[PDB]
A.B. asks: 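Consider the following structure, which includes 1-deoxygalactonojirimycin.
By the numbers in the PDB entry, the shown part of chain A spans 6-350. Header says: X-ray crystallography, 2.0 Å. Counting starts at 1 for both ligands and their atoms, in listed order. Values below: all heavy atoms of this structure, side chains included; hydrogens, waters and symmetry mates excluded.
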Amino acid sequence: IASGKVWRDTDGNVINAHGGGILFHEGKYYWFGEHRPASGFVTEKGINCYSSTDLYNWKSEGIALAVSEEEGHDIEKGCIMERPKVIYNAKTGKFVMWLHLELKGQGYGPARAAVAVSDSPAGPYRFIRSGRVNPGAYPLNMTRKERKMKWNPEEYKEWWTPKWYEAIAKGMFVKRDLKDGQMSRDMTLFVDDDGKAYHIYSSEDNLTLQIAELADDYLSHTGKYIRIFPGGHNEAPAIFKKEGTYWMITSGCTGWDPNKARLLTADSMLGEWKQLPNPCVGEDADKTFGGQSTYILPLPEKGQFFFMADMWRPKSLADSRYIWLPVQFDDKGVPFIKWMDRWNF
Ligand SMILES: OC[C@H]1NC[C@H](O)[C@@H](O)[C@H]1O
Ligand SMILES: [Ca+2]
């Protein structure tokens, strides 16, 4: 595992799986990610999939979720498809893919999460629906008093004033988006011990993280959700659970530029969360080693976890590389990550 180098599949082609994540099923790891083009930023293809027995040799499984050729479809060619994650639904036996969708020709405005389904890990997946999250429902931890407040859009046009920040903290953008549902851009998924799944996403114009419970088949949301770190600008969330504790690594919001990772922790997924120091340590840790969090893969057979990131090259996004590093734990059980040029499982 040689972070930042050109990685190739078994045919010799550059692995094209960005913003991704990995699952294990029937003896194989399946890596899902954005198919990025050589020029431009929008996918020409959809969500790509690769498979491996060993986490070193990756076989191209082809496109798992394709862009549609039908005009007016939510996922017609030219839509934005980012940060795909796949989870297995044990009750129905289906593979469920969620992803950040922006409708074609609308930039990043729609701020939707989309959901697709497959009988097999590699696909093809069948698109079901897209939309903002939980129309009509308030966050669980947004208080009665906060829900009763009125925010005149004309008084709060200037971002980053003291009164605007306070307003964002007390849920001004939640109320703004209440009817049509909460915004979802950068996102991930987590399947808990009891089969409860959660959709974690940057919401409220990227200012605030939200964690939403998924329904029992993982195809919709239940209405139950919380919001955390309002105004915190936590992006590209990555999550894992260890010995009952939930840990989340995120980035800041500086477009393509690498920035300082944050470490967030809770004892309950929908309980209170708190922020801990940058979990990256050593030289370049202030820049997350030139990367941005995408996924934390548990290896539950070994009681270990590994941190996946993207080393984004905005000049040509197909040339973006992959940083994969062991998650280590200090004497208090707090995760940290150090660079290694080459390491083995
Ligand atoms: O918009 C480009 C880029 N910005 C930063 C996000 O974390 C990425 O997923 C991607 O949307
Ligand atoms: Ca955020």
A.B. asks: Report all copies of 1-deoxygalactonojirimycin by ligand number or chain letter.
C.D. replies: ligand 1
A.B. asks: Which macromolecule is the chief neighbour of 1-deoxygalactonojirimycin by contact count, per the PDB entry?
C.D. replies: Beta-glucanase
A.B. asks: Taking a cutoff of less than 4.0 Å between a non-hydrogen atom of the residue and any ligand atom, is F46 in contact with 1-deoxygalactonojirimycin?
C.D. replies: no
A.B. asks: Just distances here: any N/O of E240 and N/O of 1-deoxygalactonojirimycin closer than 3.5 Å?
C.D. replies: no
A.B. asks: Under 4.0 Å from a heavy atom of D191: which atoms of 1-deoxygalactonojirimycin are those, numbered in the order shown and with their elements?
C.D. replies: 6 (C), 7 (O), 8 (C), 9 (O)
A.B. asks: Could you establish whether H105 and 1-deoxygalactonojirimycin come within less than 4.0 Å of each other, counting only heavy atoms on the residue side?
C.D. replies: no
A.B. asks: Mark up the atoms of 1-deoxygalactonojirimycin that fall under 4.0 Å of a heavy atom belonging to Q297, in ascending order.
C.D. replies: 7 (O)
A.B. asks: Answer side chain, backbone, both or neither: which part of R190 comes under 4.0 Å from 1-deoxygalactonojirimycin, heavy atoms only.
C.D. replies: neither
A.B. asks: Can you tell me the protein heavy atom closest to atom 5 (C) of 1-deoxygalactonojirimycin and the distance?
C.D. replies: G260 O, 4.0 Å
A.B. asks: Of the protein's non-hydrogen atoms, which lies at the shortest distance from atom 1 (O) of 1-deoxygalactonojirimycin, and what is that distance?
C.D. replies: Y113 OH, 3.2 Å
A.B. asks: To check your reading of the model: name the closest protein heavy atom to atom 11 (O) of 1-deoxygalactonojirimycin, its residue, and the distance in Å.
C.D. replies: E87 OE1, 2.6 Å
A.B. asks: Does 1-deoxygalactonojirimycin have an atom that lies less than 4.0 angstrom from a heavy atom of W261?
C.D. replies: yes
A.B. asks: Provide the residues lining 1-deoxygalactonojirimycin within 4.0 Å, heavy atoms only.
C.D. replies: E87, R88, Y113, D191, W261, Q297
